[PDB]
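Structure note - neomycin present.
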Amino acid sequence: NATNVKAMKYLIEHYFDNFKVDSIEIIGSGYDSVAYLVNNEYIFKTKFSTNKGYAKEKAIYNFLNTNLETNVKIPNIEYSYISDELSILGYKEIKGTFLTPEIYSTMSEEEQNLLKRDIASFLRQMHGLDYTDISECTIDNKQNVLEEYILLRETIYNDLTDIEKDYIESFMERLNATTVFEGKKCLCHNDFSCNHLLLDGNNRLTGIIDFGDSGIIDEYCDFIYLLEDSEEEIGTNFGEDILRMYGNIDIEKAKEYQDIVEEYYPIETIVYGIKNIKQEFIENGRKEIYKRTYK
Ligand SMILES: NC[C@@H]1O[C@H](O[C@H]2[C@@H](O)[C@H](O[C@@H]3[C@@H](O)[C@H](N)C[C@H](N)[C@H]3O[C@H]3O[C@H](CN)[C@@H](O)[C@H](O)[C@H]3N)O[C@@H]2CO)[C@H](N)[C@@H](O)[C@@H]1O
Ligand SMILES: Nc1nc2c(ncn2[C@@H]2O[C@H](COP(=O)(O)OP(=O)(O)NP(=O)(O)O)[C@@H](O)[C@H]2O)c(=O)[nH]1
Ligand SMILES: [Mg+2]
Ligand SMILES: [Mg+2]
């Protein structure tokens, strides 16, 4: 804790000429990024060159702060340093409380409705943007999967068990037959889970964070976690109601999209291990396949 902080404090003061760090703590971290709360006021997201990166995420905040009309707050980048080896983004902390299942379950039916409407409204407004000015930020999930499958075949596929091969081939057979990638494309948050949603003191949606995976992609993408059944998310009904409020979207296909992405998760986990040379992820993903096969 103590050492990571000193180094990042040094980097921040070094790259941002007249920035003075009076206080700094770790507020979150991914597997290859670390985020810091600085002076109790600024968030600094940092990364040391991975498979990235923060350049796109920055272009997206910039695009959205220009074009979104909404009361919902999102990061607004005041500081950035972007290089092959290091990336830093700084912005003012959005104040509020993160949505969780526990909190949601204490809200009145009406409070829940208003939150749902708030979310549907935000997504409607974002998905409706003319994305010409950010048109290079496209993402083809189907193609990505096909490329990832090829990487598997080039690396470890022949060393997998039959059970693991059957799981993978069965998924690919499903990927080939589905129609859920042939629909509307638009700008999506693309990691729209409740740990990125902030509430104000009335339990209304006040902010949204981490547009780091955002891009022009299937409209169905932004409902993947809203429809998820798990300890981390609220539940399938929450996503269903939001889809109804959002309107003009095939709910059964959104679910199919979500179900396919869930099926893919162990393979994605394996592929991450291969790409980043981390055996731990290769083994986790393979083990998850056995757990899914025996449910
Ligand atoms: N940090 C990875 C970033 O997000 C995605 O990957 C993540 C995504 O697939 C999946 O993680 C997603 C998050 O993401 C999302 N924001 C919350 C959601 N509950 C979680 O869900 C996943 O993990 C849950 C528990 N743990 C499981 O219960 C759930 O079944 C599973 N789909 O697993 C990956 C790591 O958890 C992108 N594919 C990747 O390109 C990008 O770099
Ligand atoms: N309250 C608050 N927390 C924030 C804000 N910005 C980031 N965070 C916190 O910092 C954590 C990490 O920020 P996030 O953008 O999700 O980055 P990440 O997923 O960890 N990194 P990456 O997007 O590169 O995979 C979030 O879970 C949340 O705790 C903000 O504006 N307000
Ligand atoms: Mg995040
Ligand atoms: Mg992120």
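We're sticking with the PDB entry numbering for chain A, so the shown stretch reads 182-233, 236-478, in order. Reckoned from all heavy atoms, side chains included, excluding hydrogens, waters and symmetry mates. Every number for a ligand or one of its atoms is a count from 1 in the order of the listing.
Counting every copy, the structure places neomycin at ligand 1.
In this entry, more contacts with neomycin (ligand 1) come from one chain than from any other, and UniProt calls that chain Bifunctional AAC/APH.
What sits closest to atom 27 (C) of neomycin (ligand 1) on the protein, heavy atoms only, is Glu411 OE2, 4.4 Å. Within a 4.0 Å radius of atom 1 (N) of neomycin (ligand 1), the protein contributes no heavy atom. The active-site residue of chain A per UniProt that lies nearest to neomycin (ligand 1), with minimum heavy-atom distance rounded to 1 Å, is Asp374, 2 Å.
Close contacts between neomycin (ligand 1) and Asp374 involve ligand atoms 13 (C), 14 (O), 15 (C), 16 (N) [criterion: under 4.0 Å to a heavy atom]. Here the heavy atom of the protein found nearest to atom 40 (O) of neomycin (ligand 1) is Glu451 OE2, 4.4 Å.
There is a protein heavy atom less than 4.0 angstrom from atom 29 (C) of neomycin (ligand 1). The option with the heavy atom closest to atom 19 (N) of neomycin (ligand 1), from among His379, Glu415, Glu414, is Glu415.
Neomycin (ligand 1) has an N or O atom lying under 3.5 Å from an N or O atom of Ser376, backbone or side chain. In terms of N/O distances under 3.5 Å, neomycin (ligand 1) is not approached by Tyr448. Shown here, atom 36 (O) of neomycin (ligand 1) is out of close reach of the protein: none of its heavy atoms lies under 4.0 Å off.
Heavy atoms within 4.0 Å of neomycin (ligand 1) belong to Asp374, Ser376, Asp396, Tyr408, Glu411, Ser413, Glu415, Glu416, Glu445, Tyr448, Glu451.
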